[PDB]
Structures are given as structure tokens and as C-alpha cells.
Number of protein chains: 2
Amino acid sequence: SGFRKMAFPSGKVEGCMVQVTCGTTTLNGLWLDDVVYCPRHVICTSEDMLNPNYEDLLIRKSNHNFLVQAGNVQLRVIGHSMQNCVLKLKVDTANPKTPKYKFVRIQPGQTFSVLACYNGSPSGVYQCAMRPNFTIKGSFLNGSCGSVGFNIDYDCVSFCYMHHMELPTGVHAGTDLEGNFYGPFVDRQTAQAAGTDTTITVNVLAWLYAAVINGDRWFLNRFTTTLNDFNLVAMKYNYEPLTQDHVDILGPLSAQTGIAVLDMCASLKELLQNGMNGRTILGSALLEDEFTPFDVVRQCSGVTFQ
Amino acid sequence: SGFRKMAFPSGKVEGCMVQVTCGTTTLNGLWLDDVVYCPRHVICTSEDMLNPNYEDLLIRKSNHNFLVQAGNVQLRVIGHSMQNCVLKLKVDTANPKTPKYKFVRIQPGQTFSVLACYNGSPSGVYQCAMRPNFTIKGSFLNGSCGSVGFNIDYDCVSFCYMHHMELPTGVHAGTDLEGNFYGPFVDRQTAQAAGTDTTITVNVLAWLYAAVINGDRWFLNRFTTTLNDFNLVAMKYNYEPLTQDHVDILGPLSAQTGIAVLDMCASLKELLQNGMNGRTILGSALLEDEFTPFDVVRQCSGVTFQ
Ligand SMILES: *[C@](O)(C(=O)NC1CC1)[C@H](CCCC)NC(=O)[C@@H]1[C@@H]2[C@H](CN1C(=O)[C@@H](NC(=O)NC1(CS(=O)(=O)C(C)(C)C)CCCCC1)C(C)(C)C)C2(C)C
Ligand SMILES: *[C@](O)(C(=O)NC1CC1)[C@H](CCCC)NC(=O)[C@@H]1[C@@H]2[C@H](CN1C(=O)[C@@H](NC(=O)NC1(CS(=O)(=O)C(C)(C)C)CCCCC1)C(C)(C)C)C2(C)C
């Protein structure tokens, strides 16, 4: 038993991390085959971030301006190209540790593991979720740009995030591995609007099911609620609308615990209105929304990977 | 910025996990050089748990009763020996991916990363701490026995834990890599006394320093205390006696934030007596004691490893 925030094993991603330097800016790059992916704003200076012209800046840059290192052994940049907000630094050596990689663009509510790197060296791994406002609550300092988020299907590493920048609130934003930002953000140092964050309801319900499997059962009621009456209670506390598809996704968890989704909704319908009086659920005093239904099945069935 | 429970990169540990099978029992083993380490109760059946005689049980077993597989490769066992509560299976092939390993026995209050494994395959990594009662709050199912805990010291992997069994309270217990259990426990299915769990005070203080660096400063008061008055409040709510040694390690955190340790103790002093009042520090409504001051320095400075 037990329940903790689990990140995927980072072994297959550590071998793809390199150091990328352009002038005085040093950040991380993703070395897959003979291509090195990194944030395109590595070619900028201090006052270039304020209003950059990336086309004009890349043109004044040449191949010997990019310094790519993989540990002590180096790589020679052969051809630089731009794809949206990421830089394609092609090299003369193909990565022998290239795994079965995969480029995916995730939806708000899905979780992934982040391998935080500095100077091309892995520092730590942790799990987080893409918030409904297309930001992530991660842990990043200077030098962490280029760190990637990923999942493992089985042997297929699914890259889905690359860190770019930090918001004034303290959350973080980035792109997929094709250079397209998550959200309405642009890679420019200027104040931009960020949306209001909501609570992922289908994730809170999966977390409550995890609490039932582990023994926490006090939050449970005997009543039921509609699929519409619950949405009234949800949409006040800035919770996210619950659909019929979410009920079908929670099938496995509903069948193992013998508690219908609409029954667990009635338990959640009561918790949001009254509070918790000062109790705890799974060792937490707040409701957790960073566990997808699939994350709960992994921790309560032992799903392993390559 | 940011702060999340962060685990060490598990790349160097994934290549050491193998599958050990003895009869019907299949669990995980640690492959370092030409030795495989696994819990000794792999030789037990279902009836042996109540009262196992490990000497008499091991004698009835031979080298060909132990089958070890590192994925698709079979490791033929040559010599089996028993050291405390772990079994050694010397195989004919040395692990070519043997990292720079190291066997350590951690103290209560220290943290480490756990690589939960099933059938010799890594399932995920998470961070936890050794509780003062020599238990850990982990996440383990059936087949997870043999999963190891570790720290990464630059280029040296420090193995410090191997999972063995689960307690009635939902917590877990195990041994070091020499076979010596953490705590008074013995590997036998029989009611066994566990100790009262206290809160690691030096970790809560370090966690409060992390909140100050990240922006959370509402809990800072204007009082101050010595080292003895705070211990009266701490020892009632089950915290560890705060010693002068704990004040000395928190230097880097106190020097960066400009807040003395005795100053943070007064702010903590009010936090135990008056509660928090539906408030959250670092996004948590409870006080966290699973972050050593070394962990906080790591996330707030950028320590990487090999
Ligand atoms: C990353 O590139 C890196 O690690 N580089 C190596 C050299 C150290 C670096 C690190 C981010 C902090 C964790 N990322 C950046 O420098 C990017 C790029 C420049 C500025 N930033 C960035 O993160 C800004 N944040 C920022 O610009 N946020 C906004 C504007 S704001 O934050 O509202 C304000 C007007 C500055 C107050 C822009 C985009 C949307 C969010 C708001 C800070 C360095 C100030 C944190 C690029 C080109 C965007
Ligand atoms: C591990 O061997 C494994 O993963 N095997 C693979 C093949 C399935 C397995 C993991 C189980 C839970 C994570 N570990 C065990 O089976 C050990 C060994 C037998 C029994 N257990 C075990 O964990 C017991 N727990 C237990 O016995 N705890 C106590 C006694 S008790 O819990 O108070 C009670 C009287 C049984 C209620 C003894 C040890 C100290 C704590 C108390 C359970 C399977 C019941 C969880 C060994 C040989 C100890």
C-alpha cells in the first residue's frame, strides 16, 4: 500500500541531455539521433529578450557559434534551423543512446515527469501536471531551460514538454518538442496575460479512489448526486466541469472499490461545501488534483515499463 | 523558483535491477559486480512466514534453485550465502553497468530516493525519508520486495535501503545492503512493536526556509526564543529536541535568507500553538518534515550529479 507522487524512471532520458552554449547563455539540449533540440532564445543576449527578432538574430549567427557538449566528449554543429520556438542543431554524431522516442502534445490535466537539468547534467526528477491554464507548477532555476518532460508508454519515451520561461506568479511555461508553446505565451520578456487556474475534477476523484484503496474512508457519504447538480457545486469553487466521458474513464477505479462515480461525486459534493474540519486524506490536508486516473491504476496495480 | 519533492535520477540504478525467483516466489535483486543481493525470505513458502528457520530453509536449497534474469539474459548462480537478512547470489557474469556504488546506513531524519521495481523492471521513482521510528512512508505492492533506496553523491551511488515488508499502519520497513534491519523488526510474519513517530524538527525548519526563498513569508513573526523554551513547545507536539548541531547546519539557509535559526523557531513556535487557520505554506496546509537542509540547498542552488 501507500501513495506518493511518482515520476517515471529517468534512465532513458539522461543519455539524451547535452550542454548547449551560445555566447554567454548556457542551457540544456535534447540530443536525439543527430539533432539537438533547445529553446531558440539561446541565441539572444541581455537586451535581446526584450523584443527579439529571432529571424534576424539567427541569420547573424553561424554554425561555429553553437557550442554543444555531451559530458567531456563534444559535438560539432553542422546545420542550424528554426522550427517554431525551438532550435534544430544538427550535429555530425548520432546519439548511440537514442531510445524509441515519440513527440506528443498533451492536454490540460495530464501528468508527466520532469528531468530538471543544469549544464546538461541531470539534477532531479519529479512529477507534475499541465494545469488547465497551460502552465506547470515545477521547480526551475537559471540554467534549467531545455529540460524536458516525458512519459514512457512501455519502451517508447513520449517527450511532451521543454522548459522555456517563468511567469511572475512563479509557475512555468514551455513548448512541445515541435516548438509550439502551451498556452497563449510568446518567448519575449514582456508582461502577458495568464488564465485563471481551475481544479482538475476528474483527477481529484481518482485521488479519492486512491484514498479508498489505501484505507481512508471517512470522506465517504451514502447519498448520490446527478451529473448536473454536482456541476453547480463544482463551478462555484472553480472546479472543472465533469462530463460523461470522465465517468467512463474512472471505470476501473469504480469497479475495484465498488463505489460508483456518482457516489464519489456526492462525497466530493459535500467536501467542497463544508471543508474538512481539520482532518487529512492520504496524509494531505488539501484536495490533490495532480493524479490522473491512469496514475492511480499504476500505483495500485504495479504497471512497469522498460 | 518552485519547490517539489524531487527524486534523484535513477539511470544508474535501473541497470542493476534483476529478477530473482525461488520456487513460486519472484522478487527483485540488486546486481553489483558479480553478486546479487535480495531479501532472504525469497526461499520461504506461504507457511514459512509464521516461523521461518532460515538456516534450515537455505540448506534445503541448491544453486540451481535460484534463477536470476536481467531482462532476457539468464545469470547462472554459482554460490549462495546468507548475510543477516539478505541473500547473496554470486553469478557467473559481472554486471558491465556496475556503477560506482557504496553501502551506507542512514540515520533517522535523512532522505533518499526509492526505485520501486516489479519482476526486476523499474516502475518509478519517488523521494521519502527515514522516520524517527525507523519506518518509511513508501508506495509498495506485491512483487516490490528487493526495491532499493539510494542517494547520488556526485558520481557515487550510495545504496542505503532494501524493502522487505509492510506494517499494519501502512508504513514499510527494510534493511540496509548489509542485511541489518532498520529498527527492532525481524523478517517473520508475527505481531511486532513499532515505535511512536515524531516530527523531524530540523527538516520543518529547512522547509520553512525554502518557503521564504520562494515568497511565502506570512508566518514570520517578530518574537524570538532561546534553545530551551522552544523545546518545551516542540516536545509536546512530538518533535525532536532541537540541538545546537541543528543550528549549525542551517547556516547556509540562514545566511541566504538573513533570518536567524532562533528567529524561525519563534515563528514555528506560534505555528504549533495557534494552528494555521486554513492557510498553506509552499502549497501545503501541513508542516513538511521530509526535506533535509541539504535537500533545500539542492533545489535552491542547482546541485547536479553524474
Ligand atoms: C532559461 O533560458 C535559462 O535557464 N537560461 C540560462 C542562462 C540561464 C531562462 C531561465 C528562466 C527562469 C526559471 N529562461 C528565460 O530567460 C526566459 C526567456 C526570456 C526571459 N525569460 C523568463 O523566464 C523571465 N520571465 C518572463 O519573461 N515572463 C513573462 C513576462 S513577466 O514575467 O510578466 C515580467 C514582465 C518580466 C515581469 C514573459 C512570457 C510569459 C510569462 C510572463 C524571467 C527571467 C524574468 C523569469 C525569454 C526569451 C522569454
Ligand atoms: C515481498 O516479499 C514481495 O514483494 N514478494 C513478492 C512475491 C510477492 C513482500 C511484500 C508484501 C507487502 C509490500 N513482503 C512480505 O511478504 C513479508 C515477508 C513476510 C510477510 N511480509 C509482510 O510484509 C506482511 N507484513 C508483516 O508480517 N508485518 C509484521 C506483522 S503484522 O503486520 O503486525 C500482522 C500480525 C501480520 C498483522 C511482521 C514484520 C514487522 C511488521 C509487523 C504482510 C504481507 C501481511 C504485509 C516476511 C517473511 C516478513
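The alphabet sets the chain names here, A first, running in the order the sequence lines are given. Residues displayed in chain A correspond, in order, to the PDB entry positions 1-306. Throughout, chain B uses the PDB entry numbering, with the displayed residues spanning 1-306 in order. Just follow the structure's listing: the first ligand is 1, and inside any ligand the first atom is 1. Note that these values count all heavy atoms, side chains included, but never hydrogens, waters or copies made by symmetry.
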task: Please name the chain that forms the largest contact set with ligand 1, as given in UniProt.
output: 3C-like proteinase nsp5
Give the PDB name of the drug at ligand 1.
-> narlaprevir (bound form)
I'm mapping contacts for narlaprevir (bound form, ligand 1). Which other chains have a heavy atom under 4.0 Å? A
Going by the atom numbers of narlaprevir (bound form, ligand 1), which of them fall below 4.0 Å from some non-hydrogen atom of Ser144(A)? 4 (O)
task: Using a strict 4.0 Å cut-off to heavy atoms of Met49(A), name the atoms of narlaprevir (bound form, ligand 1) that fall inside it.
output: 19 (C), 48 (C)
TODO: Say whether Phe185(A), considering both its backbone and side-chain N or O atoms, lies within less than 3.5 Å of an N or O atom on narlaprevir (bound form, ligand 1).
DONE: no
If you measure from each non-hydrogen atom of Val42(A) to narlaprevir (bound form, ligand 1), which part falls under 4.0 Å: side chain, backbone, both or neither?
neither
query = Does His41(A) approach narlaprevir (bound form, ligand 1) within less than 4.0 angstrom via side chain, backbone, both or neither, non-hydrogen atoms only?
reply = side chain
Checklist entry - Out of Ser1(B), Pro168(A), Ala193(A), whose heavy atom sits nearest atom 42 (C) of narlaprevir (bound form, ligand 1)? => result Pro168(A)
- Atoms of narlaprevir (bound form, ligand 1) less than 4.0 Å from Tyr54(A) heavy atoms? 48 (C)
* Asked: Can you identify the residue and atom to which the deposited model gives narlaprevir (bound form, ligand 1) a covalent bond?
  -> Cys145(A) SG
Original post:
UniProt domain of chain A with the most residues touching narlaprevir (bound form, ligand 1)?
Top reply: Peptidase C30
Ligand-residue contact atoms, narlaprevir (bound form, ligand 1) with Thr26(A), heavy atoms, under 4.0 Å: 6 (C), 7 (C)
- request: For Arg188(A), take its heavy atoms, then give the atoms of narlaprevir (bound form, ligand 1) lying under 4.0 Å from any of them.
  value: 38 (C), 39 (C), 49 (C)
How close does the nearest protein non-hydrogen atom get to atom 3 (C) of narlaprevir (bound form, ligand 1), and which residue and atom is it?
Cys145(A) SG, 2.8 Å
Using a strict cut-off of 4.0 Å, indicate which atoms of narlaprevir (bound form, ligand 1) neighbour a heavy atom of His164(A). 14 (N), 15 (C), 17 (C)
Which residue in chain A annotated by UniProt as active site is closest in heavy-atom terms to narlaprevir (bound form, ligand 1), and at how many Å (rounded)?
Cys145(A), 2 Å
- Task: State the atoms of narlaprevir (bound form, ligand 1), each with its element, that fall below the 4.0 Å cut-off from a heavy-atom position in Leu167(A).
- Result: 41 (C)
Inset, instruction - State the binding site of narlaprevir (bound form, ligand 1) (non-hydrogen atoms, cut-off 4.0 Å). - result: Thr25(A), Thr26(A), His41(A), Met49(A), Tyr54(A), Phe140(A), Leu141(A), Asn142(A), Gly143(A), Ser144(A), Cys145(A), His163(A), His164(A), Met165(A), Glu166(A), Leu167(A), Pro168(A), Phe185(A), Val186(A), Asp187(A), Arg188(A), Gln189(A), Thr190(A), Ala191(A), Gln192(A)
Ligand-protein N/O pairs under 3.5 Å (narlaprevir (bound form, ligand 1)):
residue: narlaprevir (bound form, ligand 1); atom: 2 (O); partner: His41(A); partner atom: NE2; Å: 2.8
residue: narlaprevir (bound form, ligand 1); atom: 4 (O); partner: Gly143(A); partner atom: N; Å: 2.9
residue: narlaprevir (bound form, ligand 1); atom: 4 (O); partner: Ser144(A); partner atom: N; Å: 3.4
residue: narlaprevir (bound form, ligand 1); atom: 4 (O); partner: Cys145(A); partner atom: N; Å: 3.2
residue: narlaprevir (bound form, ligand 1); atom: 14 (N); partner: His164(A); partner atom: O; Å: 3.0
residue: narlaprevir (bound form, ligand 1); atom: 23 (O); partner: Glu166(A); partner atom: N; Å: 2.9
residue: narlaprevir (bound form, ligand 1); atom: 25 (N); partner: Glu166(A); partner atom: O; Å: 2.6
residue: narlaprevir (bound form, ligand 1); atom: 28 (N); partner: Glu166(A); partner atom: O; Å: 3.1

